[PDB]
Amino acid sequence: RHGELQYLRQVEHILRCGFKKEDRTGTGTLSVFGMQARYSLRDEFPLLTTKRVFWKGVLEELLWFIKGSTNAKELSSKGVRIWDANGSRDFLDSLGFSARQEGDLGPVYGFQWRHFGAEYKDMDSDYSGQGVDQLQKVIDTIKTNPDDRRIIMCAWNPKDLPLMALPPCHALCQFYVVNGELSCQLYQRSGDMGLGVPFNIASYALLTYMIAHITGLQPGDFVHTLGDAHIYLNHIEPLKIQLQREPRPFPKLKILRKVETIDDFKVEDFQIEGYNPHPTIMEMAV
Amino acid sequence: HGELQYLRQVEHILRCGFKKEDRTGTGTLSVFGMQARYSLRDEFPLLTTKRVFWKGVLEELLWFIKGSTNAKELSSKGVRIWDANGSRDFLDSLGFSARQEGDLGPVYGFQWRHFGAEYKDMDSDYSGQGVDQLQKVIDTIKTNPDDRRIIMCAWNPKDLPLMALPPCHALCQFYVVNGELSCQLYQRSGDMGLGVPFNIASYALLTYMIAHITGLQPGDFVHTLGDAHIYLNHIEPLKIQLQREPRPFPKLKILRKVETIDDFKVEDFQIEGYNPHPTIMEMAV
Ligand SMILES: O=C1OC(c2ccc(O)cc2)(c2ccc(O)cc2)c2ccccc21
Ligand SMILES: O=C1OC(c2ccc(O)cc2)(c2ccc(O)cc2)c2ccccc21
Ligand SMILES: O=c1ccn([C@H]2C[C@H](O)[C@@H](COP(=O)(O)O)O2)c(=O)[nH]1
Ligand SMILES: O=c1ccn([C@H]2C[C@H](O)[C@@H](COP(=O)(O)O)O2)c(=O)[nH]1
């Protein structure tokens, strides 16, 4: 059974049993609270095929997280503009960060991952050795104590929340080792099923591939856990069309050289093989 | 019956979990990633195939809510579940020889009411310091029930080295639709035999309290697990438990109108109709 069917079953379940729920963007949703899917990472990569996923954005965003950057312009300069609106002059001013340069998102994911608890000044400051390097801690624990049941990386920081351009969505993840296989579970508090969730799945599956490579393990499962799983009201008709498509076999992800530390990965080390998504289809809520 | 969700998770681990050694040296059968949904509508999921220590559930939660990190304050209620982790021996093993007996460091109660504050010891006055996540959750439920960010997080990487134990029930999220309040817990590690039934009751209770404070009806408790495991010396006891038919879940009654979360007391709560099967299981250390 194709792993993508779990995602399609979730979409189906929301369209059939979700409740109408108003939301921040004013678009309105159909919503279910509490969902879980399991995507195998064993000799395949769960890049969804019934609608193309912006893989270049997935990879560049994750590398940007890993170097701890909070500058939207540093991601934009790679051709990936997904964070640009949240670092714009007008958006930053609406939140009262007039003293911030354009692009300064505040202490969002990459900062929390690499420097949790350090004091947030601006995006150009030097934070070397400041705060808790959760990402390296996870990697070290996987190597020395793979049975550990507390291998956690948490972007949800209640103290830093008011400094962030947006509150963390993919809020907490946990790693797990058994039978030589590394698995990862993401707690995602809020999931745009049509446009966001496929990207999120690829993002954390990639992270698991990267950490498995660094630690000499084989990728196991990505477990995707949702809080508010929702379909925006203007996605119902496109998704009903998407749901009639049969998934194509997932692609593979190849890592093209031996990499020793998480910081040393670069875009050219990765190749998605055999990705043949169905032809395109959706308006994004703001 | 909602207890079948728990029993089916136990069965799944017994049938499909992998052997995995663990911190305690006991060894486990283990599945990574599970989820169950327990309805809170007109019933309370206090498990029946084995008696749950409801007095400990209620008193521990009230102890969380007032922000205590002192195991002696819970013990004086006749609930000793935290006493070993506050003992001198345990504190000396972690490197806390300067801390007095009972001082658990900045565990759940501190994180829930004072996230980000500087911890000193269990006797300090933390009034107004840090983020009161618990009150923030209640306020947001009242003012913006559609909010998709209603989170209380006990996992604090900065404070982890100061805690007696790393938080197990690590983060929870609340959700409102159709006048019903739901809660999802992310529990990183679940002892299915002895811990999980207590965890379910604890967060089902928390949801009843907040619904009462906010004028809403309890909806679902969604229980999400990371390492869901059965200790190897629990296998035979649990196989007995799995043959027991569940009895209908008791009801939880709140005995007066309470206005703020800090004003609940033990006397305000009554469990009606709890007829569990006889208790059975050795505790990992
Ligand atoms: O701008 C974009 O943000 C999205 C994004 C998702 C996860 C992530 O890690 C980074 C970005 C996103 C999509 C839908 C939403 O409701 C909110 C955000 C996204 C996905 C695909 C293409 C563009 C975008
Ligand atoms: O001492 C006790 O800790 C338990 C407990 C669980 C959750 C909680 O919120 C508070 C306590 C527990 C049981 C098994 C474990 O592997 C670890 C802890 C527990 C459950 C039932 C009776 C006694 C105890
Ligand atoms: O990584 C992400 C970030 C955002 N979203 C979606 C979920 C919501 O539709 C919207 C975030 O809005 P709030 O939950 O914060 O209200 O974007 C995702 O699906 N994945
Ligand atoms: O609220 C709790 C606290 C602990 N445990 C169990 C899970 C593990 O069996 C053990 C904690 O050990 P570690 O996961 O931290 O190694 O206690 C629970 O089930 N619920």
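Chain IDs: alphabetical, in sequence-line order. The numbers used for chain A are those of the PDB entry, and the residues that appear cover 21-301, 303-307, in sequence. All residue numbers given for chain B refer to the PDB entry; the residues shown span 22-301, 303-307 in order. We count ligands from 1, going down the list as the structure has it; atoms in each ligand are counted the same way.
Lab note: main contact partner of ligand 1 (name per UniProt) = Thymidylate synthase. Out of phenolphthalein, zanamivir, midazolam, what sits at ligand 1 is phenolphthalein. Counting only heavy atoms under 4.0 Å, the other chains near phenolphthalein (ligand 1) are A. In this structure, of A:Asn220, A:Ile102, A:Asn106, the residue bringing a heavy atom nearest to atom 24 (C) of phenolphthalein (ligand 1) is A:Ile102.
Residue contacts with phenolphthalein (ligand 1) for A:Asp212 involve side-chain atoms from C-beta outward but no N, CA, C or O (heavy atoms, distance under 4.0 Å). For atom 4 (C) of phenolphthalein (ligand 1), the nearest protein heavy atom is 4.0 Å or more away. Of all the atoms in phenolphthalein (ligand 1), the ones that sit under 4.0 Å from a non-hydrogen atom of A:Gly216 are 13 (C), 14 (C). Taking a cut-off of under 4.0 Å to the non-hydrogen atoms of A:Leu215, the atoms of phenolphthalein (ligand 1) that pass are 13 (C), 14 (C), 20 (C), 21 (C). In terms of protein heavy-atom proximity, atom 18 (C) of phenolphthalein (ligand 1) is closest to A:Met305 CE, 3.8 Å. Looking only at protein heavy atoms, the nearest one to atom 7 (C) of phenolphthalein (ligand 1) is A:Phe219 CD2, 3.4 Å. Measured between heavy atoms and rounded to 1 Å, the nearest UniProt active-site residue of chain A to phenolphthalein (ligand 1) is A:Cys189, 7 Å.
Under a heavy-atom cut-off of 4.0 Å from phenolphthalein (ligand 1), the UniProt dUMP-binding residues of chain A that qualify: A:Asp212, A:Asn220.
Using a 4.0 Å cut-off to heavy atoms of A:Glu81, the atoms of phenolphthalein (ligand 1) that qualify are 8 (C), 9 (O), 10 (C). Using a 4.0 Å heavy-atom cut-off, the binding site of phenolphthalein (ligand 1) is formed by A:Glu81, A:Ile102, A:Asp212, A:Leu215, A:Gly216, A:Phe219, A:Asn220, A:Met305.
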